[PDB]
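In the model that follows, one finds chloramphenicol.
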Amino acid sequence: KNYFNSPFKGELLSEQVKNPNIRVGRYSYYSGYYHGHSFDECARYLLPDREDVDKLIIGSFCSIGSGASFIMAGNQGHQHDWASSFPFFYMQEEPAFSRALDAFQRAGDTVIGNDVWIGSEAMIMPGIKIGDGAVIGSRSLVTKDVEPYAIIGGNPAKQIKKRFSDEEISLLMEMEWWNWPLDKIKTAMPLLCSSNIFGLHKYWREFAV
Amino acid sequence: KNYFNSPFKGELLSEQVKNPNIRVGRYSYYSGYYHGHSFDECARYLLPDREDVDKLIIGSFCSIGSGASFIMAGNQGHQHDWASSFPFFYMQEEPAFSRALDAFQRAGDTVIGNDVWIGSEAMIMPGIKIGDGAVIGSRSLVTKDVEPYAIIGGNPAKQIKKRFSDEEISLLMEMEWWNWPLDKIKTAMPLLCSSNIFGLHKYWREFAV
Amino acid sequence: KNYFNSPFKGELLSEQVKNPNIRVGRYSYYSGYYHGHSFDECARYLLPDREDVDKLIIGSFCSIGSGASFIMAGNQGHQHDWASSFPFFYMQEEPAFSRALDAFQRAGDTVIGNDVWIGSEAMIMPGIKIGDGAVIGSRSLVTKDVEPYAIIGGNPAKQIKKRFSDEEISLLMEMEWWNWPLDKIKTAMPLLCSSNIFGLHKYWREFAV
Ligand SMILES: O=C(N[C@H](CO)[C@H](O)c1ccc([N+](=O)[O-])cc1)C(Cl)Cl
Ligand SMILES: O=C(N[C@H](CO)[C@H](O)c1ccc([N+](=O)[O-])cc1)C(Cl)Cl
Ligand SMILES: O=C(N[C@H](CO)[C@H](O)c1ccc([N+](=O)[O-])cc1)C(Cl)Cl
Ligand SMILES: O=C(N[C@H](CO)[C@H](O)c1ccc([N+](=O)[O-])cc1)C(Cl)Cl
Ligand SMILES: O=C(N[C@H](CO)[C@H](O)c1ccc([N+](=O)[O-])cc1)C(Cl)Cl
Ligand SMILES: O=C(N[C@H](CO)[C@H](O)c1ccc([N+](=O)[O-])cc1)C(Cl)Cl
Ligand SMILES: O=C(N[C@H](CO)[C@H](O)c1ccc([N+](=O)[O-])cc1)C(Cl)Cl
Ligand SMILES: O=C(N[C@H](CO)[C@H](O)c1ccc([N+](=O)[O-])cc1)C(Cl)Cl
Ligand SMILES: O=C(N[C@H](CO)[C@H](O)c1ccc([N+](=O)[O-])cc1)C(Cl)Cl
Ligand SMILES: O=C(N[C@H](CO)[C@H](O)c1ccc([N+](=O)[O-])cc1)C(Cl)Cl
Ligand SMILES: O=C(N[C@H](CO)[C@H](O)c1ccc([N+](=O)[O-])cc1)C(Cl)Cl
Ligand SMILES: O=C(N[C@H](CO)[C@H](O)c1ccc([N+](=O)[O-])cc1)C(Cl)Cl
C-alpha cells in the first residue's frame, strides 16, 4: 500500500522517519509517491539497532524527490582488495566458510546539509558529504563529496555550476538562515523567496543583535 | 496489482491513457510489466484538471519501454536562483510561511515525435522535445532536445549517432509516413520493414497524387 | 508480497531461479529486498520455453545487489536500421500489419563470470560478457564487454581501474579458485579473505597434485 496519498504532496521527514540512525532537520520532507515506501527505506542497509554503524544525517529545509536513496552499511561486507569479493563471513549456513574473516568496513556518516534539493532517483554512495545549498539532479549517482551550493548531475555525478557567486555563497554560509528562529524566517520570507541574497544578509545583520 | 499480464506484450497508449493532459498518437504503446503501473503514472507530476500546465504529447508508432518516465510540472515549485530551493509556498500548514511567493515555473510541453523508441527506465526532463525517429537508450537521462533520427544514451544523455544518412533523414522528414492512410501503410509494410528508405520514398511519390 | 524477509540477507540463485534459460553457479546470490521480486524477474524478457534464445549464464561466488537487471531478448523486435523502429510484426491484432517482417535479432548469451560483484540497479545490456572478478558499480549501464577484474561504473559504464596488478590477475586466472573442491576452499579461506594473492597461488600449487 502506498505510503503517500498524492504525487503532489510529500511528508515531513520528522513525521515519517522511525530508524534511530537517521537524524533529520526541521521542515525537510520526502515526496515518495512514485516509489511507495516512506523515507526509512530510502536509507538502504541502515541497521536500526546499534551505535557502531554509519548514520544518515539530513539538515533542515531539504526537499527529497521520489525514490532517492542513500546507500548505507559501508562496503556491505565486500572487500574488492581481497582475493574474492564474495562475503563468505556472511554465509555461515555453509560450514566450509567457518574460517572466513569479516570484510565489513565503515565509510563514515552520510551527511546532507541544509537547503539541499535532492532529485528523484538520485543515489548517494556511502560516506558522502553534501554541502549546504546543493542541488542534486534527478538520477545522479553521487560518488564524491559535494561542495556547498553546487548543482550536480550525471552518473557519475559531476558539478555543473554553482547556484550563486562565491561572494553570495560566502554571505549565505555566514548567516546560516536555516538555523534562525522561526519568527525571523517568517519575517524574511519575501527575501528568502527572492534572488536578493545581499538583502537577506542585510536583514540578518539588522536582527542578529 | 500489475496492470500488465506479460513482459512480452504492452498496451496501446490510446487504450490506457486517462490523463487529459497526455495526448497520444495511433499505435504507440507502453510495455510496463517490470514497473506495474499503466502509462499515466509515467507522466510524473502531471496535473489532470486544468489547461494551464505543461502537457505531454506523444506521436504515432512510438515504442515505450518499462518504467520510462516523463517529468512534468516544470520546476515543481523550486527556484534554485532564490535564496532557498525549499518550496515554502507549498507548505502552508506552517503559518510562518504565509508570506511565501510561488516559485513555480512552467518548462513548456514535453513533445515526443513519431516513430520514437524509448528505452526502459529512460527519464525525460521537463520541457524536452524529441524529434521524429529518435532512439532513446535505456536509462538515458534526457536533459536537452533530441534531433530527429538521433540515437542517444547516457546520464546525461549524449548523441551517439544518427539512424540514417542526412539524405535519408531528409526523405523521411519529407514523406511523413506516420501520417499516411492505413491502406498505404499496409501496402508499404515490406518497405517499412526494410532499410530501403529510397524505395519507401519512391512509393510515397507514386501514391501521393 | 516481498520475496525477501530482510535487506540484510539475500538468497542463493540456485534456490530461487526457476527460468530454465538462466544457469547459475554455486553460492552466487541475489539480495533483492528493495525491489521485491526474486531473481527470475531480473532477467528481463527472457523466454523460458525454448532453446533458440539468448541465455543468461552466471558463474559461482557472485554477489548481485537489489534491482540489478539483465536485459534479454536481443533487440526485442526493433530494428533501428529499418525505416521504422516500430514492431509491426508483433502487433498482429492490426490486420494492416499482416505483411510485416520480424525484426527480431539475437545478441548472444549474457555471460557473467565467477567472483563478480554486481551493484544494485546496474543494468546489463543484451549480449554482454563480464569477465571473472569484475566489480560492476551500482547503477552502471553496461554497454560493452567487461575485462576480468575490471572495476567499472557509470552510464554508460567505463572502466575505472582493475582490482589487482596484471601479474596478480594472471595468477588468479590460472588457479581458478572458484572451481576448487569445497574442502580446498575451506582450507584456503584465510587466504581468500586477504590480499595475499601470491600466497593463495602458492597454496594452489601445493595441493594441485
Ligand atoms: O511535497 C511538496 N512538493 C513536492 C515537490 O518537491 C511534490 O511532489 C509536488 C510536486 C509538484 C507540484 N506542483 O505541480 O506544483 C507540487 C508538489 C510540497 Cl507540498 Cl512541500
Ligand atoms: O544480525 C544482524 N546483522 C548482522 C550484524 O549483527 C550482520 O549484518 C549480518 C548479516 C547476515 C548474517 N548472516 O548471514 O548470518 C550475519 C550478520 C541483523 Cl540485526 Cl540484520
Ligand atoms: O532534476 C532535475 N530537474 C527537476 C525535474 O523534476 C526540476 O527541473 C528541478 C530542477 C532543479 C530544482 N532545484 O534546483 O531546486 C528543482 C526542480 C535536473 Cl536538475 Cl536533472
Ligand atoms: O528591509 C530591511 N529592514 C526593514 C526596515 O528597514 C524591516 O526591518 C524589514 C526587514 C525584512 C523584511 N523582509 O525580509 O521582508 C522586511 C522589512 C533590511 Cl533587509 Cl534593509
Ligand atoms: O509490446 C510489444 N513489444 C514489447 C517490446 O517493445 C514487449 O515487451 C516485447 C518484448 C520482447 C519480445 N520478444 O522477446 O520478442 C516481444 C515483445 C509488441 Cl507486442 Cl507491440
Ligand atoms: O491543489 C492541487 N494542486 C495545487 C495547484 O492547484 C498545487 O500543486 C499545490 C500542491 C500542494 C499544495 N499544498 O501543500 O497545499 C498546494 C498547491 C491538487 Cl489539484 Cl494536486
Ligand atoms: O536500450 C538499449 N538496448 C535495448 C535493450 O532492451 C535493445 O538492444 C534495443 C536497442 C535499440 C532499439 N531500437 O533502436 O529501436 C531496440 C532495442 C541500448 Cl540502445 Cl542502451
Ligand atoms: O514498387 C513500387 N511500385 C509498385 C509498382 O511498380 C507497386 O505499386 C508497389 C508499391 C509498393 C510496394 N511495397 O511497399 O511493398 C509494392 C508494390 C515503387 Cl516503390 Cl517503385
Ligand atoms: O546477502 C548477503 N549480503 C548482502 C550484501 O551483498 C546483504 O544485502 C547485506 C547487506 C548489508 C550487510 N551488512 O550491513 O553487514 C549484510 C548483508 C550475505 Cl548475507 Cl550472503
Ligand atoms: O508467443 C510468445 N512469444 C512470441 C514467440 O513465440 C513472441 O515473443 C511474440 C510476442 C508477442 C506477439 N503478439 O503480439 O502476438 C507474438 C509473438 C509467448 Cl511464449 Cl511470450
Ligand atoms: O556500487 C558501489 N558501492 C557500493 C554501495 O553499496 C559499496 O561501496 C561497494 C562497492 C564495491 C564493492 N566491491 O568491490 O565488491 C562492494 C561494495 C560503487 Cl563501486 Cl558505485
Ligand atoms: O601455507 C602454506 N602451506 C601450509 C604448510 O606449509 C599448509 O598446507 C596451509 C595451506 C593453506 C593455508 N590457508 O589457506 O590458510 C594454511 C596452511 C602455503 Cl600457502 Cl606456503
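Chain IDs: alphabetical, in sequence-line order. The residue numbers of chain A are those assigned by the PDB entry, with the residues present covering 2-210 sequentially. Here chain B follows the PDB entry, giving residues 2-210 in order. The residue numbers of chain C are those assigned by the PDB entry, with the residues present covering 2-210 sequentially. Indexing begins at 1, ligand by ligand and atom by atom, following the structure's order.
- Structurally, the greatest contact with chloramphenicol (ligand 1) is made by what the PDB entry calls CatB8.
- Using a 4.0 Å cut-off on heavy atoms, the other chains next to chloramphenicol (ligand 1) are A, B.
- Residues with a heavy atom within 4.0 Å of chloramphenicol (ligand 1): A/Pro8, A/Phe9, A/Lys10, A/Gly11, A/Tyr30, A/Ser32, B/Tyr46, B/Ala74, B/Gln77, B/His79, B/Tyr91, B/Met92.
- Near B/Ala74, with a cut-off below 4.0 Å to any heavy atom, the atoms of chloramphenicol (ligand 1) are 14 (O).
- At a 3.5 angstrom cut-off on N or O pairs, A/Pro8 counts as close to chloramphenicol (ligand 1).
- The ligand atoms of chloramphenicol (ligand 1) that sit less than 4.0 angstrom from a heavy atom of B/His79 are 5 (C), 6 (O).
- Where the criterion is an N or O separation shorter than 3.5 Å, residue side chain and backbone included, B/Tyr46 fails it with respect to chloramphenicol (ligand 1).
- At the shortest separation from atom 17 (C) of chloramphenicol (ligand 1) among protein heavy atoms lies A/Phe9 O, 3.1 Å.
- Per the PDB record, the organism listed against chain A is Acinetobacter baumannii.
- Below 3.5 Å of separation, one finds no N or O of A/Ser64 facing any N or O of chloramphenicol (ligand 1).
- The nearest heavy-atom contact from the protein to atom 5 (C) of chloramphenicol (ligand 1) is B/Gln77 OE1, 3.4 Å.
- Using a 4.0 Å cut-off to heavy atoms of B/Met92, the atoms of chloramphenicol (ligand 1) that qualify are 20 (Cl).
- Atoms of chloramphenicol (ligand 1) lying under 4.0 Å from at least one heavy atom of A/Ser32, given by number and element, are 4 (C), 7 (C), 8 (O).
- Among the ligands and ions shown, the ones besides chloramphenicol (ligand 1) lying under 4.0 Å from that drug are ligand 6 (chloramphenicol).
- Within chloramphenicol (ligand 1), the atoms closer than 4.0 Å to a non-hydrogen atom of A/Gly11 are 1 (O), numbered from 1 in the order shown.
- In the deposited model, no covalent bond links chloramphenicol (ligand 1) to a chain.
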Check chloramphenicol (ligand 1) against the protein and report each N/O to N/O distance under 3.5 Å, formatted as atom name, atom name, distance.
{"residue": "chloramphenicol (ligand 1)", "atom": "1 (O)", "partner": "A/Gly11", "partner atom": "N", "Å": "3.0"}
{"residue": "chloramphenicol (ligand 1)", "atom": "6 (O)", "partner": "A/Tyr30", "partner atom": "OH", "Å": "2.6"}
{"residue": "chloramphenicol (ligand 1)", "atom": "6 (O)", "partner": "B/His79", "partner atom": "NE2", "Å": "2.7"}
{"residue": "chloramphenicol (ligand 1)", "atom": "8 (O)", "partner": "A/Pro8", "partner atom": "O", "Å": "2.7"}
{"residue": "chloramphenicol (ligand 1)", "atom": "8 (O)", "partner": "A/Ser32", "partner atom": "OG", "Å": "2.8"}

